[PDB]
Structures are given as C-alpha cells and as structure tokens.
Amino acid sequence: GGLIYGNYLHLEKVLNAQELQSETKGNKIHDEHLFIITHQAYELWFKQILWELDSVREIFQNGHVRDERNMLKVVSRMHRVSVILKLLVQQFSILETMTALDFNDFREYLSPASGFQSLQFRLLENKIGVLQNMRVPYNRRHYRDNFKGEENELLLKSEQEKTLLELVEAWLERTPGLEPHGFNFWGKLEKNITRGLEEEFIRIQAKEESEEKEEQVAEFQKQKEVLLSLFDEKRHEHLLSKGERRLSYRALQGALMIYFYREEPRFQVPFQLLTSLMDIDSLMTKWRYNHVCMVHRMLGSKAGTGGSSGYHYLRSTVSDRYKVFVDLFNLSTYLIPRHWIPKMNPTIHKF
Amino acid sequence: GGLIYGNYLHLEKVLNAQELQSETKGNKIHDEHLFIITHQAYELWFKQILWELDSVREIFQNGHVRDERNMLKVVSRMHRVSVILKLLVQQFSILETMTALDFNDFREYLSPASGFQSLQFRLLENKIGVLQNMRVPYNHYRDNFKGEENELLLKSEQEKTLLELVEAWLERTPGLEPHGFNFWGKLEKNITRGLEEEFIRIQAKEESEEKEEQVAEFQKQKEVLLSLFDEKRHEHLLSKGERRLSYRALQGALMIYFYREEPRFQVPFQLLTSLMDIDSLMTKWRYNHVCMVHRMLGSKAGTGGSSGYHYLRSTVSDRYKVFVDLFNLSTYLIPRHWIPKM
Amino acid sequence: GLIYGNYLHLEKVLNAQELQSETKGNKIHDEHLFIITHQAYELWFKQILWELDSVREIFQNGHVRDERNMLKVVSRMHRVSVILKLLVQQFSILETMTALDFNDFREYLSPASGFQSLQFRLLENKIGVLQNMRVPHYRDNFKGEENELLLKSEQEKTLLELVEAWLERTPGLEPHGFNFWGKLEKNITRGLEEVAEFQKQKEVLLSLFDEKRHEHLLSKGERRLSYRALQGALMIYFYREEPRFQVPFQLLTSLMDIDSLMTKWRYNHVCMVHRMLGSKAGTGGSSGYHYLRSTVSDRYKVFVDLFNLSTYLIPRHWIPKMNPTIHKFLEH
Amino acid sequence: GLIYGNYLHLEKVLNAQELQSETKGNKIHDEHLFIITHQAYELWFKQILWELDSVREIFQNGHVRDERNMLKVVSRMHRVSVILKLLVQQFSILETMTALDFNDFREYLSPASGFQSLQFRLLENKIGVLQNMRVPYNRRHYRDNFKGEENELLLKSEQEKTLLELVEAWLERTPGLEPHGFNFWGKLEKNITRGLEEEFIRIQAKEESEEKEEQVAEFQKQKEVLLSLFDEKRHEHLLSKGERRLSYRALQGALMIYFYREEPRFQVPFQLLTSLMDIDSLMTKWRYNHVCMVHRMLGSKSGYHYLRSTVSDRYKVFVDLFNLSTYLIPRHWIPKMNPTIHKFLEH
Ligand code: HEM
Ligand code: HEM
Ligand code: HEM
Ligand code: HEM
Ligand SMILES: O=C1C[C@@H](c2c[nH]c3ccc(F)cc23)C(=O)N1
Ligand SMILES: O=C1C[C@@H](c2c[nH]c3ccc(F)cc23)C(=O)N1
Ligand SMILES: O=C1C[C@@H](c2c[nH]c3ccc(F)cc23)C(=O)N1
Ligand SMILES: O=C1C[C@@H](c2c[nH]c3ccc(F)cc23)C(=O)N1
Ligand SMILES: O=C1C[C@@H](c2c[nH]c3ccc(F)cc23)C(=O)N1
Ligand SMILES: O=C1C[C@@H](c2c[nH]c3ccc(F)cc23)C(=O)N1
Ligand SMILES: O=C1C[C@@H](c2c[nH]c3ccc(F)cc23)C(=O)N1
Ligand SMILES: O=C1C[C@@H](c2c[nH]c3ccc(F)cc23)C(=O)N1
C-alpha cells in the first residue's frame, strides 16, 4: 500500500475524536463543536512546543550545546516555540466568536472538567522552569492533584528532570570572558561603573546650586545605589531566596557579558537565544492574559467548573512570579553608557 | 465518576496520531513532527469550517432562513468561518520556520502522498460552490480517492452548494416585484435618464482634447451600466463560467447593496460581505501555500504528481472565486442621486 | 491635476522626523524607528477619534433612534476594533529594537513621555474612563488649548453615557408593556427550587433585582450603567435573535471588544516596557513598569457591566416566553 | 523640556488630513480612513528605506567584511520583514470601507493614484527591481508620473548599487569557493556525479515494475536538473533573459551557506539569506492583498489587470535564493569538512 495523506496524519484518530457531551446527554448544542476543536488544536500545538522544548533541553543535557555548530538549531527551535505561541495567542479570537449565552447552553455538561486538567500545559510550565514556590496558592496544592498513573509519572519527571532554566543557567555560567585569570569581565565592569559614577557625581556637583541640579543629585543617588547593588552577591542570594531572582550570580554575569558584547561573532547567536527566552516568557504571559479577558466575557464573576474563583484566580497568574527568565528582563535595570563597557583588546577579540 | 478534560477531548486519540515516517524507516528527522502537527491542525479547522458551513446550508435548504430571526445565527457562523480562515492563513508562518534543507531530509518518505488527498479541503471547495468544470486543466481531482470517501465527494458535488442556496435566497429579495417597488425597471429608467443628462453637460463644453476624454469616458461608462440590463449577455457569460449567479439573484444582490441601511437589509448586507470575505481568504490561503511551496521545492514537481509551484499558482485566479459576481457589482456602482428613491 | 503626495500632505508627514540624538551630535540609528512607531500610533489614534466622535454625534443628534443608522454605527465601532488589533500587533515592530540600543538614545527623551499624548487621553475620556477611578492629576502634563480640549472631553457626553440613554429607551422594559423585569423576577424565583452550590447561585442571581445594592456599587464606581440601562442590556442579550435586536447585540459585542483591545494595548505596552527599562523609573517621573501594570484592571473597563452580566445567565426555558404580540413589535 | 508632541512633530503629522470631498463642499466620512491608511503606509515605507539604506551602506563601505556587523545587518533585514508583515495586515483596516462608501469620494481623487508614491518606487529600486523587467502601464515607463527632483531621485535609485548587487558581491567572496582552497564547486559536481551513479545502480537492480518504469523517468528528470547547475553557459544566458539575477559565482556562495549553515561563520549569513527571501515573499503578499482589495472596491473598472501582473517572478529580486531548493541533494552527498577548513569557519 502506497502512502496516503489521511493515513500518514492518522486522521482516523484526529477526525474521529469529537464527541459533544450535549449530544451524548440528548441535547446537542452547535457551538460545543467549536469548543472541542479549539482545545484539541491548542493541545496539538502544546505537544509540538514540548517536542521542540524537550529537544533543546536534550542538546544542553547531553553537552552537544558545547559544540557551537548546534546554536543555529537551538535558536531556530526556540524562535519556533515563540512563533507557535504567537499563533496560540491569536487562536483565542476564534473562540471569541462564541457568545457567553451560547456557551451557557452547553457549559453544564462540562462539570467538573476544566483547562486546569491540561497535562501538557503543566508539562510545558514545568519543563520551561516554573517552580512550586512561583505558583499562586490555589494553583500550587491543586495542580498536580488532578492526575494519576502514567499522567502523574510524566508530571513528576517534568518537576524532577533538568528544566530549561537550570540548563541555560549552567551554560551561562561558562560564558567566555568571566574568568578572573582572563578577561575578568566582572572586575573591569565594577571598576568602570565606580569610575563612571565618580565622573557623573563631579559633572552634577559642578552645576550652579539650582533646582534642575537638585533633581539630578537625588536621581544620581538612586542610580548609584542600584548600579553598585549589582556587585553585592549577598543581596543576590537574599533576592534568590524571596524568588525575586532565579539565576545564579554567575549565570547573571554570563547573560550581561552576552548583552554588552552581543556583536562579537561568538555572542551573536547566544544573544538571539537570550532574546527568544524573554519572547517565550512574554508570549506565555500574553497567553494567560488573553485567556483571562475571554473567561471574563464567558463567566463574569462566577466560579469555574474546576472549583476556582474563576476570572480572579486566572488574573493572579498574569504576574512576573510566573516569568521563568524574569532576570533577563531585569538586566535592563543595570544598562550603563556604552563608554563604561570594559573595552576589548586584540587578544580577546580574536577569541 | 466525573468528566475529565483529557477524556472529553479524546486526547487518547488526538495526542497518539503522530508517527514520523522517517522514524518508522530508522532515520528520525526532527522537523517531520512539525509537518504532521501543522496538517493535523489545518484538518481540525477544516472539520470545524464544514460543521459551520453544513449548518448554514441546512438553514437555507429547510426554509429557516425565511424567518429573519435566524439571520444573526447565519451571519455570525459565516463570520466565524472567515475568522478561522484568517488563522489558517497566519498558520503558514509556523511551517515557514522549517528550512527547505531540513524538509529535504524527510521529503522522500512522503512519496507518493500529498494535499490533493485532503478529503476535507475538496468537500469545503465543493460545498461553497467550486464546479468540477472550472478546476484548472490538471485538476480529475477525485481519482486521488476511492471507497466511502469517494461517495462523500459526489454527495458534496450533487447536494445544494452554498452558492445555489444563496442564489435562491437572493431570487426572493423583497423589492424586485415588477408590480411592487419594481427596482429593476426603476434602476434602468434612472441610469438611462442620468446618462442622457450627463451627455447634455458634455455637449455644453468648448470642443477640445479634454472634452474628448469626457466623451470617451462617458461612452465606456454608458456601455457598462447599460449592459447590466442585457439578460441575453448574462446567460451567455453564465455558460462560459464568467458569472455564477442567476440574473434575478444579481438583481437581489444589487438591491441589498443599494438599500443596505434599510433594517431588513442590514444583516443580509453583512452576509454578502462575509461571502466575499470567505472567497478572499480561500484565495489568500492558496497564495500563502504557493509562496511557501516555492521556498520548499523551487520548480521541482510535487510528490502528488503535479509540477508543484507553477500548477498551484494557476489555482490563484477568479476561476475559483465562487462569489465573483458579488465582487463585480462594484463595476456597476452609480451616483447616489440615481438610486431609485424608497 | 491632483497629485498623491499633495493629496496626502506628505510634505508635512515625511518632513516630521527629527532625531534628538542627531540634534545633540551623535545620531543613534534606532531613534528613527522610535519616532515613526509613535507617529503611526498617533495617525491611528486620530482615525479612532474621528470614528468615535461620529458615533457620539449619531447618538447625541437623535439619528440613532432611526434604526437604518444601526449598520453605520456597528460598522464604525467594528472599525475601531480592527484599528486597535493592528495597534496591539504594532508593538512587534518596536520590539525589534533591543533595550541596549534604546538605552543609547533614551537620555535625549527626558523628560518627554506617553503621559503627554493628548490623543490617548481624549480617546480614554471620549469612551468614558472617569478621572476619579484613574490610578495616580494626568492633566498636570497639559497646558494651553490642549488642557481645554481635554477638559471638554470629560464634560461633553461620553460613549458610555450616550449608550446608557439609548439602553434606557430599549423596547420591552415598560412595566405595563411586555414588563421584562417583573417577568424575569417571577421566572428566576419559580425555577430556584432544584454539596448544593444552588445556595450561592440563588444568592447572586436574586441580587440582580436589588436596585439598592446596584445604587451603592454604582456610586462606588464598581458599576457604570444605570439600573434601567442594565435591564436594556440584558433584554438585548436574551432576545438577541429578534430582528430589531440583532444589530444592537452586535453593538454591545463590539463595545466589549473595544474594552478588551484597550486593555490588550495596555498589557502589550507593559510587556515591552518591562524588557526595555526593567524596574527603572520612566522619563516622565513615575515608577514606569509597576504604574503601567495598575492601568491593566477593571478600573479602566468602561463597559465592565456588559462583561459582568455573564454572571446572571440562566437556562433558556426560564427566559420569559415571548408571545405573538411583542414578536410583532420587534419585526422590521 | 522636551514635549512628546513637539518631539514627534505632531504639529505636522496630525495637521496633514484634508478631505478633498470636504474642500469641495460634500464631506464623505470614510475619506478620512483612506487618507490615514496611506499616511501610515508612507511613514512605514520611510522606515523601510531608513533600514534598507543603512544596510546597503554597510555593504558599500566594506564594513560587512567585519563579521561583527552581521548581527546588525540581519536585525535590520528582519525588522523590514516585520514592518512588511504589519503593512500586509494593515489592508484589513481599509477593507472596513465598503465599495458603496468608497464610490461617494472616488471622483474627488482623479487623476492621483498609488502609481505616484515616490517611496514605493525607491523601495522597489533599492531592493533591486530592474526597470527593464517591470510590466509597462499604458505602454510607458513608471517614471512618467514623476518630474523634477522626484524624477532625479528615482534615477539615482536605479543607478546606485541595489541590495541585490551588494549581496551578490559579498556572495562572490564566500569562503570555500577557492579552486585552490576547499574547492566546494568541483567537489560538489564529483559528489553529485557519484550520487546519481550510486542511485542509478539501486534502481536498475529493482524488478521491471510500475516503480522501475516510473523511478527511471523521475531519476532521469532529477539527473538533468542537477547536472544543469554546472552548466555555466546556460546560467549566463538566463541572466540576460532576466530569469536569474545573481552571478554564477554568487549562486555558488549562496549554495555554500545553505549546505554549511550550521558552521559558525555561516549561521548568521544563512539567517540573512532567509530574510532576503522573507522580504521578497512579503512584498509579493503586499501586491496580492492590494489586488484582492482593489477587486472588491472597483471590480473591472484596466488597473486590476496590471496589478495581477505585478504578482509575478519579474518583481522577485532574490528569486535565485528560492530556486536553489531545486538543486538540494541528500545530506550524505554534501562534501565533508576537514580540520583545515572546519577551523577556518570557527569565530
Ligand atoms: C469559554 C472558554 C473558556 C473558559 C470559560 C475557560 C475557563 C477557565 C477557568 C474558569 C479556569 C480556571 C480553573 C477552573 O475554575 O476550572 C481555566 C483554566 C485553564 N484553562 Fe481555560 N477556559 C476557556 C477556554 C480555554 C481554552 C481554549 C484553553 C486552551 C487550552 C484553556 C486552557 C486552560 C488551562 C490550561 C487552564 C489552567 C490555567 C492555569 O492554572 O494557569 N481554556 N479556564
Ligand atoms: C510545507 C511544505 C509543503 C509543500 C512542499 C507542499 C507541496 C504541495 C504540492 C507540490 C502540491 C500540489 C500537488 C502535488 O504535486 O503534490 C500541494 C497541494 C496541496 N497542499 Fe501542500 N505543501 C506543503 C504544505 C501544506 C500544508 C501545511 C497544507 C495544509 C492543509 C497543504 C495542503 C495542500 C492541499 C490541500 C493541496 C491541494 C491544493 C490544490 O489542489 O488546490 N500543504 N502541496
Ligand atoms: C521603548 C518603547 C517604550 C517605552 C520604554 C515606554 C515607556 C513608558 C513608561 C515608563 C511609561 C510610564 C510614564 C513615564 O514614566 O514616562 C509610559 C507611558 C505611556 N506610554 Fe509608553 N513606552 C514606550 C513606547 C510607547 C509607544 C510606542 C506608545 C504609543 C503611543 C506609548 C504610549 C504611552 C502612553 C499613552 C503612556 C501613558 C499611558 C497610561 O497612562 O496608561 N509608549 N511609557
Ligand atoms: C480603495 C483602496 C484602493 C484602491 C481602489 C486602489 C486602486 C489602485 C489602482 C487602480 C492602482 C493602479 C493604478 C491606477 O490605475 O490608478 C493602484 C496602484 C497602487 N496602489 Fe492602490 N488602491 C487602493 C489602496 C492603496 C493603498 C492603501 C496603498 C498604500 C500605499 C496603495 C498603493 C498603491 C501603489 C504603490 C500602487 C502602484 C503599484 C504598482 O505599480 O505595482 N493603494 N491602486
Ligand atoms: O562553545 C561553548 C563555550 C561554552 C559557552 C558556554 N556559554 C556560552 C555563551 C556564549 C558563548 F559564546 C559560548 C559559551 C560552551 O559550553 N560551549
Ligand atoms: O466554566 C468553565 C468551563 C471549563 C473549561 C474551560 N476549558 C475547558 C476545556 C474542556 C473542558 F472539559 C472544560 C473546560 C472551565 O474551566 N470553566
Ligand atoms: O425573510 C425572508 C424574505 C425572503 C428574502 C429573500 N432574500 C432576502 C434578502 C433580504 C431580505 F431582507 C429578505 C429576503 C426570504 O426567503 N426570507
Ligand atoms: O512535495 C510535496 C510534499 C507533499 C506533501 C505536502 N503536504 C503533505 C501532507 C501530507 C503528506 F503525506 C504529504 C504532503 C506534496 O504534496 N508535495
Ligand atoms: O427606534 C428606536 C427604538 C429605541 C431603542 C432604544 N434602545 C434600543 C435598543 C434596541 C432596540 F432594538 C431599539 C432601541 C430608540 O432609541 N429608537
Ligand atoms: O522611559 C521612558 C521613555 C519615554 C517615552 C515613551 N514613549 C515616548 C514617546 C515620545 C517621547 F518623547 C518619549 C517617550 C517614557 O515614557 N518612558
Ligand atoms: O569575514 C569575511 C569573509 C568574507 C565573506 C564574504 N561572503 C561571506 C559569506 C559568509 C561568510 F561567513 C563570510 C563571507 C568577507 O567579505 N568578510
Ligand atoms: O480609484 C482609484 C483611486 C486611486 C488611488 C489609490 N490609492 C490612492 C491614494 C491617494 C490618491 F489620491 C489616489 C489613490 C487609484 O489608483 N484608483
């Protein structure tokens, strides 16, 4: 038998998977078909994100990431995950063609099932690196309870196996130029920022004791506290513990090296990767936020079939507490004028 | 005990349908998984579009459309189809993150299967109203099918298309009755008069090569607007497949255009706009498919037999535009003052 | 003969790009993108004001009472939605600028900011955002003729108010007519008989008829519509298929759409500002990021009532049966 | 203090809206949408020219030789394709104007058209649309509709080095092409010759079947196309026919970057070639969405027949980059890299 489209794509499974509970309980509602197909498409795309994501995790875990041939493939697959999520954010607009009233006519046949029971959404959160600590109080206790057997087993492995956060952290820690014996990035930077701020305090104190200056002297003192707190490793470990940061002090230094020196040939694709990790975080959140806006129109204030407050619980998930790579965002707090960036000498350029 | 998300959605089926031919032949190629999911996603949405479309056909076929209570349901479902198609056009962006080089690594394992074997794509084309005899020469499309599937295509070819059902509904548009509002006779009279006057204002002007441009413009207009009232011409053009709608449906469509602000016509106007939307997005679908296949194959021939790129280009024409007549009513728009007063 | 460039006054549009970075002697390439992005946002804000004002004027001059105008109204409201969808997508362009590169010309913007966009505020005011519900005055940014326009835009009737009046005159609320409200209270009460969530579900439904609770929540600002407007809204939801209700229901749908898309614009702005500045202060004085997060809330959802009515949805067999008489009144 | 409105010069941008219907005493509401839409497009064409000129410059002044500039080049080419995506999306706004409403102000616009957009022509020229290959309108050149300085600026844009010419030059210096070096081309012919021979043996070994009759017709087709690629004389011929645009040597660089894209020196260059095809594809979707809208607005009123001509490979400047997918070969035929050339493609 020569290969046929329908058989290749196992459409005898995919297109024989649509059972309107409304029809099964004798009262067919038209739009329930849309409800099912929308979720099934979301779930196809989750599996494909998981396929890309597990493949990039494997390239870090098995050391292939160490060979820089593999960086185009890493960035290309991670960018693919953001392109898919973009589509998933847009996909909400299809289900927004269902009125709250028409939803109401079949809602009742759904209890107590809910999106909460999405295994693959949880595999996706975990594998990226959402920690138990990060999860909203209701979310934390209640998320893994919905599961049993092999489904319970996959969820554990997703919590226990190396997350994309951990693997990126290890890789960032080996960023070339951090070696105190070599380029000594962190040392040179602390020196240049200290030198840099001293020049700034002198520029400001040289002005005629006015109120435009008084604005500058106190804006300086805030900027100085902040820039110098970069070098306070104990503040890092303290912020690590309140989970306001997630990355090792040294990964942070790696990420900042990649940012400042991103044009150097060996950092070009590494910079692209860091941008794609922020994009995935931004789009995961835009997904959460587009989900909230739609549930508001569908339920108003009413409790969800899963037994949550509904619209309010979901609103609490749209928070930086769920941004895994929140640190890559927060590095923008520590941007300095280009003039203060430790200059590169011919030795480390060729490197 | 109680309904579980996974069970409701039959994810035991949906998420166990992903078999890489490259893996089955012991040379697993990563990007093959994307190829499969992308098509599985397209096919879920094709099934939803058929669901909405068949529901709208039945509302015309069983006379429920006669009861104007049901027009919000009709327009909202036809709008929903165009919203889904917007997503399917955007959806090519995902598959375009596969390089041609990466595609080249699993392409051999697909032979001789292809999109020509999409039952649902063909069912959708037929149910809207793509005729067997208007398909570009190389498409003979149904030979790619056998068995139960092949029967369904013929039910789809012989059962009443959206085009036929909208034609019948257009033929009953209120205002067309020669003893009533007599739209057609009044429109002919007002265009004939409006033109006569328009020509008087040209023979005022001082003979020049500017006045000759007006006379030349006027003669082109006159011929086009007056040809609207040539029924023998419409029947000739129907038979050549340059028009699809009966002469009387065309009159009903023009009535809906001119008088759209009249409450009874507001939603019917939204319906005609949606039908044109759906043709526009189908053709955007064919064009985005074409643009991607060019990057993937070049001028190489398809696994499904055809020349690939060049053949698919040919499917991006008004040959495949079911509601072409609704686009071409723009050709016969006239100044407001000429529209018969209500 | 008319020429494209002159029709479009391109001599102004394409001579409006001045890089402040270039003016102070070190041109930064990416500033040109920052300028053009803001200019296109402002062109589109103007087009939304033009649509919105024309719909305001169609309620205020009485024409909305002529139902042949409903197509124009829902079509112009729909158009504002399509423009807002593009304005949300348009952040994707400015996100091709890295924080690093932004950082190179940001110094020259001090102290200008979005807070000084007149059109954004006119738009917020004209839809019906109340200044007493804003997270902190915004007018302190504005002076001269701009402070005037802005003042007019709070005092002149908002889209919410005009939509309110219109919802208040909705066919079927008349107590000695179809008496929608009385029959609904009869019908919710007659159905509420049958781990039971029923006790919670009965408590919330029946508080719909508590005209007093509404009065309190309204003055407080957690609700925005008159009690009677909210009756009209719910009338149009339940009887949306009735010929006369179809395009009015499309209008309510598109009003919620505009709230969603404003909030989506607010949230996309936030996501981009987060990558651009981090937890830095904004050039206009505020703790940029955390303040912009506060604008993404129901304080700023003008038509929150139309959203919240999903709470009070009932099975259809409870909805007051519509007799052959009022079926006749709601035909064309 | 700098003020938002002054910074953006809004005193120009938001005082550039003159409805011609209104300045002839019959104001039509939708004419405003028409004007804003075009003005948004023109703002964005100006951004695309800003990006595209900086990139041409980077090539022209020899800075692109310094590979630390590749992140900037590929960022600005990707940005152009991101802008062009929104411009394609932008047509949906104008599609909310009905043909009936458009018809109320159409008369006031004569004889102006999109044909008169200076920036759209510069954009076409600077990317590298050849005037010799453009479909004529009314049997005449596209520069007829422009005079004075605008006519002069279009002429410069035809004569100055196009993005195509500057990519072509850089494609010609692709490392690995040196006959005395890695000798990519010679090695490729050798590996393709062997590949086809090895393939012809496994087929002639199969039983005389439907497959055997078929695979010999297909194999003989694939054979003609692949050996086609080494025919430098055919290529020079197709250059002049305009059916190909890049020099034979540039073609070689492009194919080298495809096959060895994972090589670090080749990662970002492959991303650039991917972006060039992206821009061609999005310019053509621009042309097609414009057409689909004009069909609805005008019908057969013949502009709509010229516009369907522009949706053609005449206007696809990097058509060669697409067509290379014709000459793709199994992974294992690609000439291997050794530690003398592998180490020359390490950053
Ligand atoms: C009318 C449509 C929808 C409604 C009313 C809705 C409602 C809800 C509600 C109320 C919750 C909170 C848990 C609960 O009370 O049950 C929830 C969570 C969730 N929904 Fe939806 N939903 C809708 C559509 C979708 C769609 C299309 C998806 C696609 C996969 C989805 C995926 C999820 C997921 C994964 C969660 C768990 C979120 C988390 O804990 O962070 N929902 N939904
Ligand atoms: C990504 C690489 C893809 C390639 C290389 C490709 C190639 C082709 C080719 C060559 C044909 C013409 C028949 C033949 O000679 O085989 C075709 C037709 C078709 N393809 Fe694709 N395709 C791709 C993706 C897709 C996707 C994602 C869909 C989604 C449904 C799709 C649906 C179809 C359909 C329905 C047809 C029949 C088109 C018609 O006759 O009008 N293809 N494709
Ligand atoms: C890199 C890009 C951008 C950054 C970093 C940025 C940053 C900020 C910040 C920090 C604020 C808070 C006020 C302040 O401190 O000045 C703000 C407010 C604002 N921005 Fe932006 N912005 C950006 C782009 C845009 C664009 C493209 C628009 C388009 C109109 C815009 C419109 C606004 C408006 C209207 C406000 C006031 C809005 C409100 O009060 O909710 N911004 N922006
Ligand atoms: C109602 C909307 C539109 C109509 C009816 C329309 C119609 C046309 C027509 C008929 C032509 C061919 C020249 C002629 O015969 O006058 C044309 C060309 C053109 N239009 Fe449009 N157009 C529309 C919107 C737009 C928009 C929004 C743009 C944005 C810049 C635009 C840009 C162009 C350009 C650049 C050309 C020349 C294209 C080429 O030569 O390949 N048009 N248009
Ligand atoms: O090739 C390498 C060097 C090292 C590495 C870790 N992080 C990095 C970040 C940027 C960079 F350029 C190199 C590295 C690694 O393990 N693989
Ligand atoms: O009001 C509701 C409905 C339910 C829900 C959302 N998405 C789903 C998908 C499948 C399913 F079975 C149920 C649901 C939920 O979470 N609250
Ligand atoms: O209600 C109706 C009347 C009639 C009809 C046919 N075409 C129409 C077009 C517009 C309109 F308002 C009504 C009609 C029909 O069969 N159903
Ligand atoms: O060159 C090709 C590849 C093939 C193809 C496209 N889409 C598919 C989907 C399923 C399948 F099995 C094969 C295909 C086709 O039609 N021409
Ligand atoms: O002719 C009319 C009817 C009335 C009206 C007010 N609100 C409504 C809401 C729905 C509806 F169908 C009609 C109305 C109005 O102001 N003029
Ligand atoms: O950090 C910043 C930069 C500034 C800003 C945003 N958009 C603008 C537009 C024009 C302008 F001049 C300045 C701005 C702001 O609000 N916070
Ligand atoms: O660094 C270099 C090498 C050379 C070059 C030309 N084309 C290329 C294409 C890819 C590549 F990696 C390098 C090159 C150049 O002009 N400067
Ligand atoms: O019916 C028309 C109008 C004109 C056109 C298209 N875009 C424009 C923009 C500005 C302008 F003034 C005129 C036009 C054209 O080509 N055919």
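The lettering of chains (A, B, ...) simply tracks the order of the sequence lines. To match the PDB entry, the residue numbers of chain A are left as they are there, and the shown ones run 38-388. The residues of chain B that appear here are 38-176, 179-381 by the PDB entry count, in order. Numbering, chain C: per the PDB entry, residues 39-174, 179-236, 254-391 in sequence. Using the numbering of the PDB entry, the residues shown for chain D are 39-339, 346-391, in order. So how was this one determined? The header says X-ray crystallography, 2.4 Å. In each ligand, atom 1 is the first atom listed, and ligand 1 is the first ligand listed. Computed over heavy atoms, backbone and side chain alike; hydrogens, waters and symmetry mates excluded.
According to the PDB, the drug located at ligand 10 is PF-06840003. The main partner of PF-06840003 (ligand 10) in this structure, judged by heavy-atom pairs under 4.5 Å and named as in UniProt, is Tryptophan 2,3-dioxygenase. Other chains in heavy-atom range of PF-06840003 (ligand 10) (under 4.0 Å): C, D. Counting only heavy atoms of the protein, atom 10 (C) of PF-06840003 (ligand 10) lies nearest to D:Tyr42 CD1, 3.4 Å. If you check which protein heavy atom lies closest to atom 6 (C) of PF-06840003 (ligand 10), you get C:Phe72 CZ, 4.0 Å.
Contacts between C:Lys339 and PF-06840003 (ligand 10) below 4.0 angstrom, taking non-hydrogen atoms only, are absent altogether. Contacts with PF-06840003 (ligand 10) closer than 4.0 Å are made by no heavy atom of C:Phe153, backbone or side chain. Of the candidates D:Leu46, C:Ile73, C:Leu351, C:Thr342, C:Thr342 brings a heavy atom nearest to atom 4 (C) of PF-06840003 (ligand 10). From the protein, the heavy atom lying nearest to atom 16 (O) of PF-06840003 (ligand 10) is C:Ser151 CB, 2.9 Å. C:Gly152 counts as a contact of PF-06840003 (ligand 10), since one of its heavy atoms falls under 4.0 Å from the ligand. The side chain of C:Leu336, and not its backbone, has at least one atom closer than 4.0 Å to an atom of PF-06840003 (ligand 10) (non-hydrogen atoms only; side chain from C-beta on).
Of the protein's heavy atoms, C:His76 NE2, 3.2 Å lies nearest to atom 9 (C) of PF-06840003 (ligand 10).
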